[PDB]
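In this PDB entry you will find AZD8329.
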Amino acid sequence: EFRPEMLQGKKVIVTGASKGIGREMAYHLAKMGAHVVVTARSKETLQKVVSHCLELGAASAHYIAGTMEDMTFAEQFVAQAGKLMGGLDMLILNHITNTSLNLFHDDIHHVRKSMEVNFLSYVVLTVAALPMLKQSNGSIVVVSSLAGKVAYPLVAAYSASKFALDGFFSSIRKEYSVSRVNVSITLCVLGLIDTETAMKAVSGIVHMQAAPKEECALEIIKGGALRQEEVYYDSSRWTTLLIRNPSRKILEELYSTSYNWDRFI
Amino acid sequence: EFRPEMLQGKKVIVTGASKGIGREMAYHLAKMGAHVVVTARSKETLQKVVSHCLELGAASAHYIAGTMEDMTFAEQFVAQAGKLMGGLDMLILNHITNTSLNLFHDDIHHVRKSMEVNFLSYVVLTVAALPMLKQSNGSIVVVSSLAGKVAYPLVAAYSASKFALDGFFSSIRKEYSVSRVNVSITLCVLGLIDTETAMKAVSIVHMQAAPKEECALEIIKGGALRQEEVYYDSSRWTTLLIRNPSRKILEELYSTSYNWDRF
Ligand SMILES: NC(=O)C1=CN([C@@H]2O[C@H](COP(=O)(O)OP(=O)(O)OC[C@H]3O[C@@H](n4cnc5c(N)ncnc54)[C@H](OP(=O)(O)O)[C@@H]3O)[C@@H](O)[C@H]2O)C=CC1
Ligand SMILES: NC(=O)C1=CN([C@@H]2O[C@H](COP(=O)(O)OP(=O)(O)OC[C@H]3O[C@@H](n4cnc5c(N)ncnc54)[C@H](OP(=O)(O)O)[C@@H]3O)[C@@H](O)[C@H]2O)C=CC1
Ligand SMILES: CC(C)(C)c1c(C(=O)N[C@H]2[C@@H]3C[C@H]4C[C@@H](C3)C[C@@H]2C4)cnn1-c1ccc(C(=O)O)cc1
Ligand SMILES: CC(C)(C)c1c(C(=O)N[C@H]2[C@@H]3C[C@H]4C[C@@H](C3)C[C@@H]2C4)cnn1-c1ccc(C(=O)O)cc1
Ligand SMILES: [Cl-]
Ligand SMILES: [Cl-]
């Protein structure tokens, strides 16, 4: 179904691309011959990722360094990236604030910082990217987790922010259908993935088994390119089968049928 | 299974109690003879509510007016309410920032205000109530929506905040089990309900609303019975289809596979 030629010459933004899954996606897009604008806080690591993207064969690879804590950076970054590539075809929202496995006690500051970085910044980015994506019949790719579909201990603030992405983007997708906005939204529900961040977070939990970041990153690109609503990627075949909720799809399809919202458009 | 005597003499907080579902819950708790501390921004409507609660037979009814936009109010309110009742048995988190059905365009301010009011304030109130509920083996009751389990158009910021409550509280419930915290968490997944707010928002041809009075009772029954989730819609189709057993199987496998005792 998917072809690598589908990404050739496309204008793609990847957030949290200095390392992990974001970096792997940037490299994948580069091998496919895409124009890429990557971001993270570290200018040096980004410069190393951009250098490799050009070697891989990216049509054009650029970086803009800043913190997604700053909503003015987030808004401006989209404009600057859009000018560099002369448009936008895909927006890959992937960055997250630093998190570790820990019991929740009193950390409102972490809960809010998770909400601002992992969620609000995504909305600010989308808002700023939507005119370019509308004129290119584009794609938003939102990187979530199993922890953003199912409840796990030790990642309460993280789970709260990934659950919010589902609520927001799945709702805005329903709206795009009514308001006939031909911009696709892909929510990526990932299991544990073997990035240095995750592997350092999980050190010692021997029974916990990570999936390849390389294939994971490809599966995210394939999903958005094919305009799929949801992408699932875990190492367990048990999880992949059980993660899907058809009961939700039924309730959503019934409301889509039962109501006409044309007197809002 | 449930008995009204279960709430007699209990120390309950109800947020967003000047109107709608919150008001109805306060009155229900008053009929059952509980000690109640109610909150919303309007002092006068709250005073009329605290006066009806005493007539209905509440053991003690009090009000503290303020905005849950203010996290310091939220934190302090719990301490003050706790002092007025000399403890805390149940925390009923119900308030929300004003929302209407509309397409999302550029409203970051609404998305953030919805997250501060509908979500963060709940975490602030929970943190502040926890020692008191711990010493009383208490209950947190979180009022969510179908829109906090399933995706609907025109309530993006609202859906995002109700989805966050699920993520946060369901995760902390897993933690309370590991850390052996005997404080229950009830998430209430409500369908459309006939409150003036809802009926004004829907003035949506075919939408059936459910009775606010029964709804409010069903929320009390659920928390009192320490149920993890409460479902209340007018459709029998919705109530059957709203449950996610796939996620409970996944949760039970992780509960089994891992031991987190060193946390
Ligand atoms: N790996 C896993 O096990 C799982 C990953 N996921 C999701 O995958 C995505 C990527 O994760 P992963 O590849 O492991 O992460 P990494 O930690 O390896 O990469 C995170 C990236 O985000 C950047 N970043 C961190 N903080 C900020 C900030 N405040 N502002 C801007 N950029 C920031 C980092 O660079 P810098 O610090 O230099 O700014 C880096 O480029 C996330 O959305 C995560 O939730 C989902 C489930 C599991
Ligand atoms: N009604 C329905 O159809 C549905 C309701 N729900 C949920 O049920 C709960 C109650 O809804 P409902 O009774 O219909 O709503 P209402 O609008 O009737 O009542 C909301 C309450 O919150 C208070 N409140 C509003 N803004 C603030 C604020 N900034 N700070 C503090 N308090 C505030 C209000 O008091 P005041 O203005 O005086 O401060 C009021 O008492 C909510 O959690 C809602 O999401 C879920 C699904 C459907
Ligand atoms: C680690 C956990 C639970 C949270 C998880 C995730 C996730 O979102 N992990 C985050 C990543 C970024 C941050 C650092 C690390 C890695 C921890 C978390 C914060 C994705 N799958 N998954 C998971 C792992 C194992 C199993 C299982 O064996 O049953 C099921 C699901
Ligand atoms: C109104 C809507 C969709 C969002 C909804 C809710 C909800 O969250 N209602 C709140 C009310 C108060 C505030 C203003 C309004 C009304 C929106 C919300 C905030 C709870 N069920 N439900 C709903 C209604 C009908 C159907 C159906 O016929 O298939 C399915 C679900
Ligand atoms: Cl890595
Ligand atoms: Cl009302």
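So that the names make sense, note that chain A is the first sequence line, chain B the second, and so on, each numbered from 1. Order of listing sets the numbers, starting from 1, for every ligand and every atom in it. Side-chain atoms are counted along with the backbone in the values below, which use heavy atoms only and exclude waters and symmetry mates. For this deposited structure, the header notes the method as X-ray crystallography, 2.8 Å.
All copies of AZD8329 taken together correspond to ligands 3 and 4. Here, the main chain in contact with AZD8329 (ligand 4) is recorded in the PDB entry as Corticosteroid 11-beta-dehydrogenase isozyme 1. At a heavy-atom cut-off of 4.0 Å, other chains contacting AZD8329 (ligand 4): A, B. Other-chain residues and nucleotides with a heavy atom under 4.0 Å from AZD8329 (ligand 4) are A:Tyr255, A:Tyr259, B:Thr99, B:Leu101, B:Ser145, B:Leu146, B:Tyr152, B:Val155, B:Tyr158, B:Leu190, B:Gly191, B:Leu192, B:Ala198, B:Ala201, B:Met207. With a heavy-atom cut-off of 4.0 Å, AZD8329 (ligand 4) reaches these UniProt substrate-binding residues of chain B: B:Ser145.
A heavy atom under 4.0 Å from AZD8329 (ligand 4) is present in the following residues that UniProt lists as binding NADP(+) in chain B: B:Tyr158.
Using UniProt's active-site annotation for chain B, the residue nearest to AZD8329 (ligand 4) and its heavy-atom distance to 1 Å are B:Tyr158, 3 Å. In this entry, the organism cited as the source of chain B is Homo sapiens.
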